[PDB]
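Drug on board: olaparib.
Here chain A follows the PDB entry, giving residues 223-579 in order. Counting convention: from 1, in listed order, for ligands and their atoms alike. The way this entry was determined, per its header, is X-ray crystallography, 2.1 Å.
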Amino acid sequence: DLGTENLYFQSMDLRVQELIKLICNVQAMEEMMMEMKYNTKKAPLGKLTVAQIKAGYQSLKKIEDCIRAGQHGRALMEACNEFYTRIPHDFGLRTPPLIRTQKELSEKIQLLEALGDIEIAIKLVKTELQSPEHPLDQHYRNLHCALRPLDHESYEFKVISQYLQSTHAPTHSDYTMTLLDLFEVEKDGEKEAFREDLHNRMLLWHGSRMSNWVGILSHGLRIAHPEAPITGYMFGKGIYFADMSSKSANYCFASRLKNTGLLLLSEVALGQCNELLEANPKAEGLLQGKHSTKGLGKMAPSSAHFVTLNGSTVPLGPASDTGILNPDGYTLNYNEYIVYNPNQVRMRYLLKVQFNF
Ligand SMILES: O=C(c1cc(Cc2n[nH]c(=O)c3ccccc23)ccc1F)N1CCN(C(=O)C2CC2)CC1
């Protein structure tokens, strides 16, 4: 009876144990990378180094350069086939495909960010064979990030549940989400680094792949690699947030097969927003004193329904029309918020979500 054993040994809380086991699962990372077409046979994850990953970003940048110069053939070939040599893919018998659009570049970046976090993960979960500490306690300490499970009958749980449900977007109707459990997050250093002074502090969503949480929790949400192609970033190399739960939960890349994902809530010090109506990867240089970028959506939660939780505005839904319509092109469906310094972020809650397909 695991409840009794836990109580006599006074071991880590069982809910934390299950969370740690889930995010530190190396087999799950192997499966995820195989689904991303990375060749785990030819370049095992255990032998991945950060120099290897950086050389990938570098080849990706050369690919970006080719696309930018309208060059296809020799310079590109030298570029694309060279990326693939550095970051082995498994295309079976098929011609390895060219990388030629923004979105193909984006997919490769997501692959390299994931690899980066797995490289962190595999190091983090190294245990001392002879230590008297349970392996999970060793992993948890190495995160340098407190995770405390919350009472489901609490007010904190009720509001986060309403946030989750009420801001599930109408266009993301392929699944619903069931909140399985909720943890408070306290990452070492974040409270003292945080820009408390800035106005417009909101509690906002961030979704990521299951492979990435060990990285995110141990190192924080980070500014993208300097050598990553800028075109991979709709509003530049910042930290991206949604006020709609499902816009962020789409970035969990959950599926019917792997229906358990995590969502992060963080306090985000937006300060004054520079509001933009469409994509600009150079958005960071447009701030000119302002503190964040707001990519303006067609539908957003409205202020009439906001609530505040320990000093951060929680933008409860439902979402309604914003009167915003780019005349120049394709407007966003929902908002996104970007900050360009980790000191504008304080992680606060981690939700374990079941996706109902
Ligand atoms: O926030 C993003 C990010 C996410 C996305 C996709 C995304 N992912 N997840 C979301 O919840 C989200 C919300 C609104 C808009 C986009 C998203 C796109 C570009 C980005 F720079 N980061 C890039 C990846 N991150 C990292 O720590 C890796 C190491 C650099 C965290 C910060």
Original post:
Of all chains in the model, which has more heavy-atom pairs under 4.5 Å to olaparib than the rest, named as the PDB entry has it?
Top reply: Poly [ADP-ribose] polymerase 2
Original post:
Which residues, given by chain and number, make up the 4.0 Å heavy-atom shell around olaparib?
Top reply: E335, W427, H428, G429, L443, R444, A446, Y455, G460, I461, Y462, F463, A464, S470, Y473, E558
Subject >> Atom indices of olaparib, in the order listed, that fall short of 4.0 Å to a heavy atom of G460 >> reply: 1 (O), 2 (C), 21 (F), 22 (N), 32 (C)
Original post:
Numbering the atoms of olaparib from 1, which are under 4.0 Å from a heavy atom of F463?
Top reply: 13 (C), 14 (C)
Subject >> atom 9 (N) of olaparib: the protein heavy-atom neighbour that sits closest, reported with distance to 0.1 Å >> reply: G429 O, 2.8 Å
Original post:
In the protein, what heavy atom is nearest to atom 3 (C) of olaparib, and what distance, to one decimal place, separates them?
Top reply: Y462 CD1, 3.6 Å
**OP:** Please could you name the atoms of olaparib that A446 approaches to less than 4.0 Å, counting only its heavy atoms?
**Re:** 30 (C)
Original post:
Of all UniProt domains in chain A, which one holds the largest number of residues in contact with olaparib?
Top reply: PARP catalytic
Original post:
In the protein, what heavy atom is nearest to atom 27 (O) of olaparib, and what distance, to one decimal place, separates them?
Top reply: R444 N, 3.0 Å
Original post:
In terms of atom number and element, which parts of olaparib are under 4.0 angstrom from non-hydrogen atoms of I461?
Top reply: 1 (O)
Original post:
Which residue in chain A annotated by UniProt as active site is closest in heavy-atom terms to olaparib, and at how many Å (rounded)?
Top reply: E558, 4 Å
Original post:
Which UniProt-annotated NAD(+)-binding residues in chain A have heavy atoms closer to olaparib than 4.0 Å?
Top reply: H428, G429, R444, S470
Original post:
Of all the atoms in olaparib, which lie at a distance below 4.0 Å from a heavy atom belonging to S470?
Top reply: 10 (C), 11 (O), 13 (C)
Original post:
Which taxon does the entry assign to chain A?
Top reply: Homo sapiens
Subject >> Residue, atom name and distance, where the atom is the protein heavy atom closest to atom 17 (C) of olaparib >> reply: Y473 CE1, 3.6 Å
Subject >> Closest approach of any protein heavy atom to atom 23 (C) of olaparib, naming residue and atom >> reply: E335 OE1, 3.9 Å
Distances for all N or O pairs of olaparib and the protein under 3.5 Å?
from	atom 1	to	atom 2	distance (Å)
olaparib	1 (O)	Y462	N	2.9
olaparib	9 (N)	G429	O	2.8
olaparib	11 (O)	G429	N	2.8
olaparib	11 (O)	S470	OG	2.7
olaparib	27 (O)	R444	N	3.0
olaparib	27 (O)	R444	O	3.4

